[PDB]
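In the model that follows, one finds nirmatrelvir (bound form).
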2 protein chains.
Amino acid sequence: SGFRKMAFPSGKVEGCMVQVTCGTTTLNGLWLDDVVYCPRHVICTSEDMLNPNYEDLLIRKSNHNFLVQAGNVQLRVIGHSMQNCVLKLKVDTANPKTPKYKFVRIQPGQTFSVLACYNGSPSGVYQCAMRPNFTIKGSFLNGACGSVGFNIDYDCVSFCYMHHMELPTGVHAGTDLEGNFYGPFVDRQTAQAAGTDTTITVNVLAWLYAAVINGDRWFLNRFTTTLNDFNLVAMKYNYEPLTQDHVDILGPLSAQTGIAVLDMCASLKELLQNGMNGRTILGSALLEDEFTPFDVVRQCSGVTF
Amino acid sequence: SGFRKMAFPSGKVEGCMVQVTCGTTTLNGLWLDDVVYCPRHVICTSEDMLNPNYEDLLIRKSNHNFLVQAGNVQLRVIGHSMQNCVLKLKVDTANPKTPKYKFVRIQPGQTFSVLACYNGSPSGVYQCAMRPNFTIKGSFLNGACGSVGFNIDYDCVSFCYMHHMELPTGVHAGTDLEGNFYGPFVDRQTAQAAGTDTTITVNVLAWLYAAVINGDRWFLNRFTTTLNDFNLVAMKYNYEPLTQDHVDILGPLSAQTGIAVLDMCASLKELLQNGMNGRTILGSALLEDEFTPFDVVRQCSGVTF
Ligand SMILES: *C(=N)[C@H](C[C@@H]1CCNC1=O)NC(=O)[C@@H]1[C@@H]2[C@H](CN1C(=O)[C@@H](NC(=O)C(F)(F)F)C(C)(C)C)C2(C)C
Ligand SMILES: *C(=N)[C@H](C[C@@H]1CCNC1=O)NC(=O)[C@@H]1[C@@H]2[C@H](CN1C(=O)[C@@H](NC(=O)C(F)(F)F)C(C)(C)C)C2(C)C
Ligand SMILES: [Cl-]
């Protein structure tokens with residue numbers, strides 16, 4: 001029993017982290033086979049980053065201008081291209097610790113682990129949701145850029161995030177590993193704000209199922225609702241619409257606990273209308289939306305890698 | 001910016017995890033050099049665990065009775081002893097992935113990362129506090145026993161916890177790596193409950209400093225208090241006494257923010273007496289006590305391993 005915010009084990013990703021230095025800018029890179037992927041703004045100075053021309057700054061760099069270090073071993077760059085907002089540095093050495101991997105673009109609502117790195121050295125690991133406004137609620141200092149987010153499925157690491165920047169209110173924005181931003185953000189230092197966020201309804205339901213499984217049951221009411229009736233009340237409290245795909249994805253938790261998704265919807269509608277009256281669920285005084293149905297099943301049925 | 005529950009990177013510990021099978025019982029072991037450490041109740045059946053005689057059950061085991069697997073490689077046991085509640089199995093192979101390590105017994109109030117493992121395979125990593133009642137608030141299913149808790153200091157893994165059991169209310173109990181229980185718990189299936197818990201005052205203060213650093217400042221009042229006056233109000237809300245050692249440990253955060261520890265004490269006393277009036281701190285509607293002063297500095301100043 002017990003329910004925790006739980007990251008994937010980071011060992012497979014730790015063996016891929018390197019330091020990339022260009023001019024005086026240092027940040028993190030991801031070394032897979034004979035390629036190092038990092039944020040393209042490594043080729044900028046302070047001045048540059050207000051409104052940089054990246055294609056221009058890159059024309060003017062040799063292979064030798066990029067210093068890539070894995071521990072106190074220097075990798076020799078033998079090639080450099082740009083793909084959207086990501087730099088690819090071909091190196092003379094294939095990373096012998098390359099795991100089985102894929103590059104994935106996740107949807108809003110999906111969780112992943114961040115390995116927070118400084119100078120190519122891992123600082124910590126924590127779990128994050130891609131918010132509907134295409135931000136994450138991370139913990140990143142100066143030098144954290146090139147830190148990656150990932151999922152693990154048995155042996156395969158799916159990389160879905162690379163860290164680029166911090167927005168007002170200390171939320172974070174970044175790219176897939178093909179260098180395309182999540183959301184409408186750009187890699188320059190200008191006025192950018194997140195759209196207002198919404199609550200990921202399917203994740204709150206997944207969390208309510210985790211509470212039931214762990215014996216926290218006080219909020220269960222004796223009522224049902226229609227999907228339509230639920231989605232009208234959800235809308236007022238800035239909750240995402242719940243789709244039929246969402247209902248089908250909650251099937252396993254529903255079948256495990258014997259509570260129909262629309263019965264849990266009735267329970268959530270009451271918590272939204274009446275609040276929690278100073279009571280907690282799984283130790284929390286707020287409804288939690290950063291656990292997916294898959295994360296609840298993992299943790300509550302003990303899936304390993 | 002941002003403040004997250006953040007685990008240590010688990011790679012160094014992942015390379016030490018093995019599966020231990022004795023009879024039909026399987027659980028996790030920690031393989032360091034040529035020794036595998038696991039919970040001694042691996043030598044029990046269901047029946048045994050109500051009131052087992054461990055010295056007796058062990059007399060009757062050969063080296064060959066212990067099946068130790070690291071992936072799909074079997075390690076040959078060549079020696080077996082018991083140290084308190086932990087089994088030591090000498091094996092024929094030194095673990096080539098053994099990190100620099102120490103065995104440490106932590107004090108109540110201290111945090112660590114748990115690597116939750118099933119069948120010798122890592123499931124997830126999360127951060128935990130040793131509670132004043134000598135429990136942790138973990139997430140452990142059947143087969144999680146032998147899962148370890150650790151801290152990392154640059155290159156050195158300090159192992160401080162091995163998981164043994166779950167107590168009523170789904171809190172967890174275990175040993176140091178010398179096999180001595182934290183708290184008054186025993187490794188048998190009987191009536192055992194945790195003492196009532198208390199709030200780790202020094203950790204709540206560390207967290208309030210993290211809030212200030214992240215720009216969450218609404219709860220700062222214009223008042224000071226005496227240590228004596230603070231500890232009287234703390235006592236009513238089931239908060240630990242704050243000692244002078246606690247004040248000295250908070251010095252760095254105090255000097256960084258320019259708020260005297262006794263000024264933050266005045267701010268916490270007001271939150272305890274008046275509550276939060278429906279406001280949040282670092283996203284939380286409850287005061288958090290599972291970040292140490294060291295954890296706050298790590299995260300807010302970017303320490304790596
Ligand atoms: C890479 N190491 C940093 C990581 C940042 C620094 C503070 N915390 C983080 O997560 N990335 C940057 O410094 C990027 C970089 C230029 C500006 N920048 C920002 O994150 C800035 N943000 C913005 O300009 C805004 F508002 F658009 F989000 C900053 C003001 C420094 C927080 C580039 C190329 C985007
Ligand atoms: C080892 N894999 C398990 C881990 C447990 C199982 C459920 N979640 C966990 O964290 N350890 C045990 O099964 C230990 C084991 C016998 C009983 N046990 C317990 O944790 C039991 N607890 C207690 O008897 C009590 F109340 F004292 F805590 C159980 C009722 C199964 C939860 C031994 C040797 C202690
Ligand atoms: Cl909360």
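Order of the sequence lines fixes the chain letters, A, B, ..., with proteins taken first and strands second; residue numbering starts at 1 for each chain. Atoms within each ligand, like the ligands themselves, are counted from 1 in listed order. Values below: all heavy atoms of this structure, side chains included; hydrogens, waters and symmetry mates excluded. Heads up, header says this was done by X-ray crystallography, 2.0 Å.
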For this session: State which chains or ligands correspond to nirmatrelvir (bound form).
Result: ligands 1 and 2
Problem set entry | Chief chain touching nirmatrelvir (bound form, ligand 2), naming from the PDB entry | 3C-like proteinase nsp5
Exercise. Which other chains are in heavy-atom contact with nirmatrelvir (bound form, ligand 2) at under 4.0 Å?
Worked result: B
Exercise. Which residues and nucleotides contact nirmatrelvir (bound form, ligand 2) at a heavy-atom distance below 4.0 Å?
Worked result: B:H41, B:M49, B:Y54, B:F140, B:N142, B:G143, B:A144, B:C145, B:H163, B:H164, B:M165, B:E166, B:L167, B:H172, B:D187, B:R188, B:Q189, B:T190, B:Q192
Exercise. Measured between non-hydrogen atoms, which UniProt active-site residue of chain B is closest to nirmatrelvir (bound form, ligand 2), and how many Å apart, rounded to a whole number?
Worked result: B:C145, 2 Å
Exercise. Which UniProt domain in chain B is home to the majority of contacts with nirmatrelvir (bound form, ligand 2)?
Worked result: Peptidase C30
Exercise. What species name appears in the entry as the source of chain B?
Worked result: Severe acute respiratory syndrome coronavirus 2
For this session: Verify the contact flag for atom 25 (C) of nirmatrelvir (bound form, ligand 2), where contact means a protein heavy atom under 4.0 Å away.
Result: yes
Problem set entry | Atoms of nirmatrelvir (bound form, ligand 2), numbered as shown, that sit under 4.0 Å from any heavy atom of B:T190 | 24 (O), 25 (C), 26 (F), 27 (F)
Exercise. Below 3.5 angstrom, do we get any N/O pair linking B:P168 and nirmatrelvir (bound form, ligand 2)?
Worked result: no
Exercise. Do you see a protein non-hydrogen atom under 4.0 Å from atom 13 (O) of nirmatrelvir (bound form, ligand 2)?
Worked result: no
Exercise. Does the protein put a heavy atom less than 4.0 Å from atom 30 (C) of nirmatrelvir (bound form, ligand 2)?
Worked result: no
Exercise. Does any N or O atom in B:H164 lie less than 3.5 angstrom from one in nirmatrelvir (bound form, ligand 2), N or O only?
Worked result: yes
Exercise. Is a covalent adduct between nirmatrelvir (bound form, ligand 2) and a chain modeled, and at which residue and atom?
Worked result: B:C145 SG
